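Shown for chain A, in order and in the PDB entry numbering: 1-385. Counting convention: from 1, in listed order, for ligands and their atoms alike. The figures that follow rest on heavy atoms only: side chains count, while hydrogens, waters and symmetry mates do not.
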Amino acid sequence: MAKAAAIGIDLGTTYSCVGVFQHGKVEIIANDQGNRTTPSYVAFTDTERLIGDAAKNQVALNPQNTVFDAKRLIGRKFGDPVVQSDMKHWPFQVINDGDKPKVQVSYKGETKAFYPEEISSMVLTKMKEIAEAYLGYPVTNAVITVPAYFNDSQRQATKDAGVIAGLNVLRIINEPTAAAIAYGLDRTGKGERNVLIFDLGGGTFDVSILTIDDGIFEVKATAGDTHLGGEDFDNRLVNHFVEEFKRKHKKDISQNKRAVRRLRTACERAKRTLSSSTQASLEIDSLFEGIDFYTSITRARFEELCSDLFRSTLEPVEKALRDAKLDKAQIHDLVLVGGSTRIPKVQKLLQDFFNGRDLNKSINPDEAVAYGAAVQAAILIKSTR
Ligand SMILES: Nc1ncnc2c1nc(Cl)n2[C@@H]1O[C@H](CO)[C@@H](O)[C@H]1O
């Protein structure tokens, strides 16, 4: 029943996803709001603790007590230059507890501090409760994914988050390995298969090159930009609309925090529309000083606004190819991961770089990792019996 059941969890920087393999198919489980992906946010309020969508929805009103980016802190020392640099950009407090970072917040009127693994355990608990609500029984066996460049300390702190959340962690697998499993790239029989995983998410960009030799996975190279993702494209749209508002009304909205945030959420939505339509409309009632902002943008203008950012994704691809000591024609498969890979210009740039090659993109790219983790979790739980 429950003991013979296992889930796959993609524990992401900005979003998390849970899948289950049953009756010969993967089901990506929707949360109580009907979304197949859940924001990796935890909010601490005057009455409750919020996780996911509810936490992300109140981030504007409560920024000091809304934690996100815990994955950037997990398994790291407070003194680590990555931690010290990132701390300057978060609205929540990060403190030092014996060279280990803790997030300090106000919760139900009291000062509380949490280890990053305790924050990630709250995200994992939510994913576990989403699976339980779908299945009708508690499921405790799980496969949890991590980036391929995570070291032993980051892998151990992820497994600890899983333990705190009440999960029996069957395995910690690499995100690009879960993605190649999703496409069945480890079931092509004999001979070494070279796979490139292009993973463009909300806040990070990762390129991974894997060799799959008779079912055995080997990471040949990892490259990328830890501070490049979908949120940089939204900000490029934001800047354009702030400048358009200034030209139409002779008014600078940039200092109005509420006006900028409503513009940001509308830009994110418009950006997603631009992946399937050649234009998108913004309909913001009373944006600033009672002025409605009803405008549109083409895909061609959006592509111009992000042109340099889209082109910058090809330098880590080249870098990963040289590190792996492989030419373009030696790559058998190209896999797309992350919601941002839905952008047509991104796909065209990657396909042109690989000389007109077909891309593996039939599985929702923001769900491919959870999909593969769910397949692995089913195989692992069957072998355990
Ligand atoms: N249709 C889309 N067109 C463009 N960007 C998209 C799309 N869907 C998502 Cl999710 N994203 C972005 O992916 C990230 C999460 O993986 C977020 O930045 C989201 O906006």
Compound at ligand 1; choices 9cUAB30, TAS-103, 8-chloroadenosine, R-talinolol: 8-chloroadenosine
Main binding partner of 8-chloroadenosine (name per the PDB entry): Heat shock 70 kDa protein 1A
Non-hydrogen contacts within 4.0 Å of 8-chloroadenosine: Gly202, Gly230, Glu268, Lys271, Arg272, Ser275, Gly339, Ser340, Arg342, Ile343, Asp366
Nearest protein heavy atom with distance in Å, relative to atom 3 (N) of 8-chloroadenosine: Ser275 OG, 2.7 Å
Sub-3.5 Å N/O-N/O distance, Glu231 and 8-chloroadenosine: no
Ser340 N/O under 3.5 Å from 8-chloroadenosine N/O: yes
N or O pair under 3.5 Å between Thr14 and 8-chloroadenosine: no
Protein heavy atom at shortest distance from atom 17 (C) of 8-chloroadenosine: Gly202 CA, 4.1 Å
Min N/O separation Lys271 to 8-chloroadenosine under 3.5 Å: yes
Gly339 N/O to 8-chloroadenosine N/O under 3.5 Å: yes
8-chloroadenosine atoms in contact with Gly230 (distance to a heavy atom under 4.0 Å): 18 (O)
Element-labelled atoms of 8-chloroadenosine that are located less than 4.0 Å from some non-hydrogen atom of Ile343: 4 (C)
Heavy atom of the protein closest to atom 8 (N) of 8-chloroadenosine (residue, atom name, distance): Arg342 NH1, 3.1 Å
UniProt ATP-binding residues of chain A with a heavy atom under 4.0 Å from 8-chloroadenosine: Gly202, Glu268, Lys271, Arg272, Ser275, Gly339, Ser340, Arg342
Atom 19 (C) of 8-chloroadenosine: the protein heavy-atom neighbour that sits closest, reported with distance to 0.1 Å: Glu268 OE2, 3.5 Å
Protein residue, atom and distance nearest to atom 10 (Cl) of 8-chloroadenosine, heavy-atom basis: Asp366 OD2, 3.3 Å
As a test of reading the model: which N/O atoms of the protein lie under 3.5 Å from N/O atoms of 8-chloroadenosine, and at what distance?
from: 8-chloroadenosine; atom 1: 3 (N); to: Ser275; atom 2: OG; distance (Å): 2.7
from: 8-chloroadenosine; atom 1: 8 (N); to: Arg342; atom 2: NH1; distance (Å): 3.1
from: 8-chloroadenosine; atom 1: 13 (O); to: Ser340; atom 2: N; distance (Å): 3.3
from: 8-chloroadenosine; atom 1: 16 (O); to: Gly339; atom 2: N; distance (Å): 3.2
from: 8-chloroadenosine; atom 1: 20 (O); to: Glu268; atom 2: OE2; distance (Å): 2.7
from: 8-chloroadenosine; atom 1: 20 (O); to: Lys271; atom 2: NZ; distance (Å): 3.0

